[PDB]
Each structure stands twice: as structure tokens, then as C-alpha cells.
Amino acid sequence: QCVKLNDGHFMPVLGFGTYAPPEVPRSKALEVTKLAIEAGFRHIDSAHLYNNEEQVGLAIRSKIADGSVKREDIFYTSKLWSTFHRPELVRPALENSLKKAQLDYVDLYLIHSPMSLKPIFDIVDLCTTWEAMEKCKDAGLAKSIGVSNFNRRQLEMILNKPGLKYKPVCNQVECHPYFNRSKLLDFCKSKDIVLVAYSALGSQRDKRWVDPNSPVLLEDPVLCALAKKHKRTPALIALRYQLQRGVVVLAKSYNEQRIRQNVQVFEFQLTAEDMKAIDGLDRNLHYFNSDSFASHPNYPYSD
Ligand SMILES: NC(=O)c1ccc[n+]([C@@H]2O[C@H](COP(=O)([O-])OP(=O)(O)OC[C@H]3O[C@@H](n4cnc5c(N)ncnc54)[C@H](OP(=O)(O)O)[C@@H]3O)[C@@H](O)[C@H]2O)c1
Ligand SMILES: C[C@@H](C(=O)O)c1ccc(-c2ccccc2)c(F)c1
């Protein structure tokens, strides 16, 4: 199923994560995106950053072309990279993502991160970036617009902007049982903004940004006990947890069997005791923990 966004469009509550590191050949994104759609994923998350928008759009068009789905059955997200915060760079970056993907519109365009970079940090008034996003929604380039990696104060800056035309429909953030963001989630719910979770399965643990010492989420003994209790898997427990808290959850897999397994999140429910045991895992652990983010003036985790 789908959640209704605050602009009246619908987002499917489970989404396919498309990112793979650059060691993975570009052609893989094509193959696995088609498999994700075949498995029942209708929400596909990409970005200018990911260098895979041609393949992901090609996957989508191919599944349209063979009659599996119509365009209006797919919810496609791209994101504005942080070298393109200056308001006059916003629509051309979106236009560029649309031409890579060969689509007429994205369902969702996000400010990828509040941490502006030189078009080396930049200083940009994100409210002007937001005004340029709104113009992209008015032109029909994006059906919905939203942000990513914003903390509460950063989100308030936008909600509080004079002359605001469109609220962000979502804030896409790192969110999983080690870092469950419950206070940010309550704030988003009170403003009718959807929290979308990435690294919901504990991230790809990429050496550039993630400490290899950090606990592996899917090896977590409480998730493992819960998987055994429900005869599911630690992944499926982690996804199901997000759905039950009203969070839209992404899931990356480039593996045929795991892609097919992940759509089982719809087949069972956790109980209130299960959810409390999962809530007890919260330990302020964002897997992305690198000097290259944390030294930035608008790093969101400084609070
Ligand atoms: N907005 C942002 O700044 C931001 C940041 C990070 C990610 N994202 C988006 O969120 C998406 C998902 O997050 P993520 O890439 O960090 O990965 P994730 O969904 O946390 O996945 C972690 C690993 O879980 C494995 N996995 C998937 N299903 C599994 C299963 N059923 N059992 C065991 N392992 C399973 C995958 O390995 P295999 O491929 O081997 O199955 C995957 O590499 C990204 O692809 C991207 O679209 C956005
Ligand atoms: C690599 C890229 C992504 O979308 O995967 C990414 C991941 C994490 C972040 C991020 C954003 C804020 C704090 C720490 C990390 C990002 F800005 C971009």
C-alpha cells in the first residue's frame, strides 16, 4: 500500500534502494531494478549522486514497455546534489536527472542533504533552494518535493519561511533500530511530513563513511530472536518495524533472492512487545560517521 502525502499524491510505503558503490558495474542497477519491480516494488529511490539514473530509468521504461506497469504505477525519486543548492542551479539539475532517466517527471525530488558544497563547503540559504524546488513542482517537473538529512531545526527553517507555498512531503533520513529517530519522527507526524528511512538494514557499511567496528545491525541478537519467533529474517523484522511506526522504509539489495524476500514485509505483523524490544535497541548510532560530514557547518547530527 501507499501513504497519502501532504500535497495529495501517494507514496508506496516500501521502496527500492538503488545505490551501489562504484566497484559495481553500472549495468547491475538496470538488472536489479527490473527484478525489484517484478517482485512488487513500486517505489524506487535514486539520486544524481548515484550515477545510475540512466539504468534505473531504463529499468522503469522497460517494465512499462513490456506491459508490467504503467508510469503512474511507479513512484520515482531523485535528489538534488549539494553542489546544486544555489537556487538557479536547482531546475537545471532536475532537468538533467529527467534526461538521464528519460522520464517526463519524477514523483519526488529531494534536497539530498542540507550540507552545501562549492558549485569545500558553500553557504547557501536553503529557503531560496526550497523556493526553487517549489517552482519545479509548479512546472510539473516533480509531482512532490521534499528534503533529506534534515534535522528538526532545519525542517522548521523551511516550515517557517515567509511565503511558503509547499511543505516538504517527507524528510528521508538514516533510521533503523540503532538510530530510530523517534523524536524527529513525532515532529514530522505533527507536521504531516513522512519520515522515509534509509540504511534501514544497517547500511552497506561503505569503508569511506562507516566504521567497520560498528555493530552489524542484521546480526543483532534481539532482531535475530524476533526473526526466529516469527520465522522471518532479521531484515524483514527491521523493515516491518518501520511500517508499524508509520515510517516509509527503503531497502537496497542487488541480490535476486533478498529482493524477493524483502516484499514479504507486508505478510506478517509485530506485536506491541516485539516493537518495544526493538525500541530498546536505540543507541544513537548513525552508520555514516565521517569527518567529511561531521566537520560541515550544517551537519545535521550536531543537533
Ligand atoms: N538520502 C540519503 O542521503 C541516503 C543515504 C543512504 C542511502 N539512501 C537510499 O536508501 C537506500 C537503502 O539504504 P542503504 O543502501 O544504506 O542500504 P540498506 O537498505 O540499509 O541495506 C544494507 C544491506 O542489506 C542487504 N540486504 C537487503 N535485503 C536483505 C535481506 N533480506 N537480508 C540480508 N541482507 C539484506 C543488502 O545487501 P545485498 O545487496 O547483498 O542484498 C544491503 O547492501 C540506498 O540504496 C539509497 O537509495 C539515501
Ligand atoms: C552517499 C549518499 C547517499 O545518498 O547514499 C549520502 C549518504 C549519507 C549522507 C549524510 C547526510 C547527513 C549526515 C551524514 C551523512 C549524505 F549526505 C549522502
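For chain A, we keep the numbers from the PDB entry: what you see runs 6-124, 138-321, in order. The basis for the numbers below is simple: all heavy atoms, side chains too, and nothing from hydrogens, waters or symmetry mates. Just follow the structure's listing: the first ligand is 1, and inside any ligand the first atom is 1.
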So what drug did they put at ligand 2? flurbiprofen
Partner of flurbiprofen with greatest heavy-atom contacts, name from the PDB entry: Aldo-keto reductase family 1 member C3
Report the nearest protein non-hydrogen atom to atom 13 (C) of flurbiprofen: residue, atom name, distance rounded to 0.1 Å. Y319 CE1, 3.6 Å
To the nearest 0.1 Å, how far is atom 12 (C) of flurbiprofen from its closest protein heavy atom, and which atom is that? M120 CE, 3.4 Å
Of the backbone atoms (N, CA, C, O) and the side-chain heavy atoms from C-beta on, which set of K84 has a member under 4.0 Å from an atom of flurbiprofen: side chain, backbone, both, or neither? neither
Students should be able to answer this: which protein heavy-atom is nearest to atom 11 (C) of flurbiprofen, and at what distance? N167 CG, 3.2 Å
Which residues listed in UniProt as NADP(+) binding sites of chain A come within 4.0 Å of flurbiprofen at the heavy-atom level? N167, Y216
Flurbiprofen contacted by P318 (non-hydrogen, < 4.0 Å): yes
Identity and separation of the nearest protein heavy atom to atom 2 (C) of flurbiprofen: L54 CD2, 3.5 Å
Going by the closest heavy atom to atom 8 (C) of flurbiprofen, which one wins out of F306, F168, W86, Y55? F306
Which residue supplies the protein heavy atom nearest to atom 17 (F) of flurbiprofen, what is that atom called, and how far is it? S118 CB, 3.4 Å
Mark the output for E192 as yes if a heavy-atom distance to flurbiprofen is under 4.0 Å, and as no if none is. no
Please state whether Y24 comes within less than 4.0 angstrom of flurbiprofen, counting heavy atoms only. no
What part of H117, side chain, backbone, both or neither, has a heavy atom within less than 4.0 angstrom of flurbiprofen? side chain
What UniProt-listed substrate-binding residues in chain A have at least one heavy atom nearer than 4.0 Å to flurbiprofen? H117
I need the residues around flurbiprofen for my notes - heavy atoms within 4.0 Å, please. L54, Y55, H117, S118, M120, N167, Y216, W227, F306, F311, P318, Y319
Polar pairs, flurbiprofen vs protein, N/O only, below 3.5 Å.
residue      : atom  : partner : partner atom : Å
flurbiprofen : 4 (O) : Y55     : OH           : 2.5
flurbiprofen : 4 (O) : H117    : NE2          : 2.6

